[PDB]
A.B. asks: 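Okay, handing you the structure first.
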Amino acid sequence: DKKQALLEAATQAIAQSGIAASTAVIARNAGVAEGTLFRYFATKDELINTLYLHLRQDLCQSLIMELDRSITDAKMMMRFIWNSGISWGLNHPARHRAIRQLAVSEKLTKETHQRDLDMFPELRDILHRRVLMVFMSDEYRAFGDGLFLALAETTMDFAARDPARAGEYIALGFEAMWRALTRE
Amino acid sequence: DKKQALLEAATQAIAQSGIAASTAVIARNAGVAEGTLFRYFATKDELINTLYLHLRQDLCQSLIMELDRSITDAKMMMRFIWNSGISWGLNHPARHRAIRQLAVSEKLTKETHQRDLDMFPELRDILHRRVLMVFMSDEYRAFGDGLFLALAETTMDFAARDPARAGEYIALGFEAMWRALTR
Ligand SMILES: COc1ccc(Cc2nccc3cc(OC)c(OC)cc23)cc1OC
Ligand SMILES: COc1ccc(Cc2nccc3cc(OC)c(OC)cc23)cc1OC
């Protein structure tokens with residue numbers, strides 16, 4: 001599948017180099033001509049948006065399959081989601097870094113954000129109820145995502161380096177993020 | 001001054017590579033033999049700690065010089081200090097990135113942390129009064145600094161890429177950081 005090879009190649013290149021990764025380099029590492037990349041993605045912006053949703057879907061498969069939903073308290077559910085996302089990101093550091101590079105890019109469309117939210121309805125509902133309004137807004141969502149992902153990456157880095165304390169770092173990082181980004 | 005040249009070469013190398021930066025490379029980039037580096041710094045860990053204090057001293061010179069001394073409210077003082085620090089880091093991205101790499105390395109000693117905050121007593125006193133106790137503890141201070149510096153660098157990134165909203169990024173990032181780290 002040329003498209004799957006392109007998505008994997010875009011993941012690695014955008015993780016490494018951000019959205020400034022050129023469509024010509026992505027094509028080469030996928031083993032195809034650049035016109036072939038545009039054969040599957042009309043523009044680079046479409047590739048950015050398609051890749052983002054592809055990576056979010058991969059993450060969400062882990063978040064949802066793992067979700068202990070004997071849980072109805074929102075913060076408890078979010079802690080579980082956080083823990084699962086930490087595990088996913090440590091297992092897939094390039095996929096996680098690509099999500100972060102794409103999320104802070106301001107290239108993601110309204111349709112992409114809507115589909116992203118709707119892929120995981122329980123998470124969506126909690127974010128709309130609890131995240132500070134400015135960080136769900138079109139104007140500042142990318143900044144809210146940037147702050148969230150900065151705290152997530154720091155938590156992952158410390159957990160990876162000091163596994164004896166990993167559970168404590170993950171808990172403290174979740175709690176700091178929760179205070180920073182949510183309101184009662 | 002080869003000590004200053006070594007500190008500058010160490011700043012750029014550690015900003016790029018973290019504390020894995022090679023002392024042979026730092027010495028070569030300062031134009032001296034590697035053994036000359038160790039005449040100025042007894043060990044690589046001492047270089048790490050001295051450089052951290054050197055860069056924190058530079059930052060604090062701006063923080064202290066800029067601080068409005070008529071402000072007595074702790075949070076408002078910290079908002080001013082945050083803004084001054086954002087300005088300094090945007091003007092000196094390698095120095096700030098080196099501080100971040102050194103802070104999260106866990107190679108900074110308790111004494112170095114003490115000497116660091118003693119350079120800016122107003123900041124020191126506010127941190128001890130307001131930061132969550134876990135993030136002032138020896139065991140989790142490096143993580144507290146990592147969270148702080150992650151929010152700081154994200155704020156700098158957005159203010160630099162979208163300067164038309166710099167004041168809003170700086171204010172939103174401060175409040176997020178403040179809620180993350182204080183009680
Ligand atoms: C550790 O990394 C993650 C952990 C959880 C998620 C799921 C998620 N996506 C978007 C916004 C989120 C916002 C959250 O809280 C504000 C949150 O708390 C668990 C999870 C969120 C994504 C993650 O990275 C993309
Ligand atoms: C934007 O970058 C900075 C801004 C302020 C400072 C000063 C400072 N140093 C250590 C811990 C700090 C912790 C703070 O709040 C918890 C704080 O609020 C203004 C400033 C802090 C350092 C900064 O980077 C090293």
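Per chain, numbering begins at 1; letters A, B, ... match sequence-line order. Just so it is clear, the values below take in all heavy atoms, side chains as well, and ignore hydrogens, waters and symmetry mates. Start at 1 and go down the list; that is how both ligands and their atoms are numbered.
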A.B. asks: What would the PDB label the drug at ligand 2?
C.D. replies: papaverine
A.B. asks: So I'm looking at this entry - what's holding onto papaverine (ligand 2) the most? Name it the way it appears in the PDB entry, please.
C.D. replies: PAP4
A.B. asks: Name the other chains in heavy-atom contact with papaverine (ligand 2) below 4.0 Å.
C.D. replies: B
A.B. asks: What residues, by chain and number, sit within 4.0 Å of papaverine (ligand 2) when only non-hydrogen atoms are counted?
C.D. replies: B:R56, B:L59, B:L63, B:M78, B:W82, B:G85, B:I86, B:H96, B:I99, B:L123, B:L127, B:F148, B:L149, B:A152, B:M177
A.B. asks: Under 4.0 Å from a heavy atom of B:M177: give me the atoms of papaverine (ligand 2) that qualify, with their elements.
C.D. replies: 15 (O), 16 (C), 18 (O)
A.B. asks: Which of the atoms of papaverine (ligand 2) are close to B:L59, meaning less than 4.0 Å from one of its heavy atoms?
C.D. replies: 22 (C), 25 (C)
A.B. asks: Is the closest N or O pair between B:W82 and papaverine (ligand 2) shorter than 3.5 Å?
C.D. replies: no
A.B. asks: Write out the residue and atom name of the closest protein heavy atom to atom 8 (C) of papaverine (ligand 2), then the distance separating them to 0.1 Å.
C.D. replies: B:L123 CD2, 3.8 Å
A.B. asks: In terms of residue, atom name and distance, what is the protein heavy atom nearest to atom 10 (C) of papaverine (ligand 2)?
C.D. replies: B:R56 NH1, 3.5 Å
A.B. asks: Can you list the papaverine (ligand 2) atoms lying under 4.0 Å from a non-hydrogen atom of B:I86?
C.D. replies: 1 (C)
A.B. asks: For papaverine (ligand 2), what covalent attachment (residue plus atom) does the entry record, if any?
C.D. replies: none
A.B. asks: What atoms of papaverine (ligand 2) come closer than 4.0 angstrom to any heavy atom of B:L127?
C.D. replies: 13 (C), 14 (C), 16 (C)
A.B. asks: Under 4.0 Å from a heavy atom of B:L149: which atoms of papaverine (ligand 2) are those, numbered in the order shown and with their elements?
C.D. replies: 24 (O), 25 (C)
A.B. asks: Can you list the atoms of papaverine (ligand 2) that are under 4.0 Å from a heavy atom of B:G85?
C.D. replies: 1 (C), 2 (O), 4 (C)
A.B. asks: Could you tell me, atom by atom, which parts of papaverine (ligand 2) come under 4.0 Å of a heavy atom of B:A152?
C.D. replies: 1 (C), 2 (O)
A.B. asks: Tell me, which protein residue and heavy-atom name are nearest atom 24 (O) of papaverine (ligand 2), and how many Å apart are they?
C.D. replies: B:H96 NE2, 2.9 Å
A.B. asks: Which neighbouring ligands or ions fall closer than 4.0 Å to papaverine (ligand 2)?
C.D. replies: none
A.B. asks: Among all protein heavy atoms, pick out the one at the shortest distance from atom 20 (C) of papaverine (ligand 2); state its residue, atom name and that distance to 0.1 Å.
C.D. replies: B:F148 CZ, 3.5 Å
A.B. asks: Give yes if a backbone or side-chain nitrogen or oxygen of B:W178 is under 3.5 Å from a nitrogen or oxygen of papaverine (ligand 2), and no if not.
C.D. replies: no
A.B. asks: Is there any protein N/O under 3.5 Å from an N/O of papaverine (ligand 2), and what does the full list of such pairs look like?
C.D. replies:
from: papaverine (ligand 2); atom 1: 2 (O); to: B:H96; atom 2: NE2; distance (Å): 3.0
from: papaverine (ligand 2); atom 1: 9 (N); to: B:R56; atom 2: NH1; distance (Å): 3.0
from: papaverine (ligand 2); atom 1: 9 (N); to: B:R56; atom 2: NH2; distance (Å): 3.2
from: papaverine (ligand 2); atom 1: 24 (O); to: B:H96; atom 2: NE2; distance (Å): 2.9

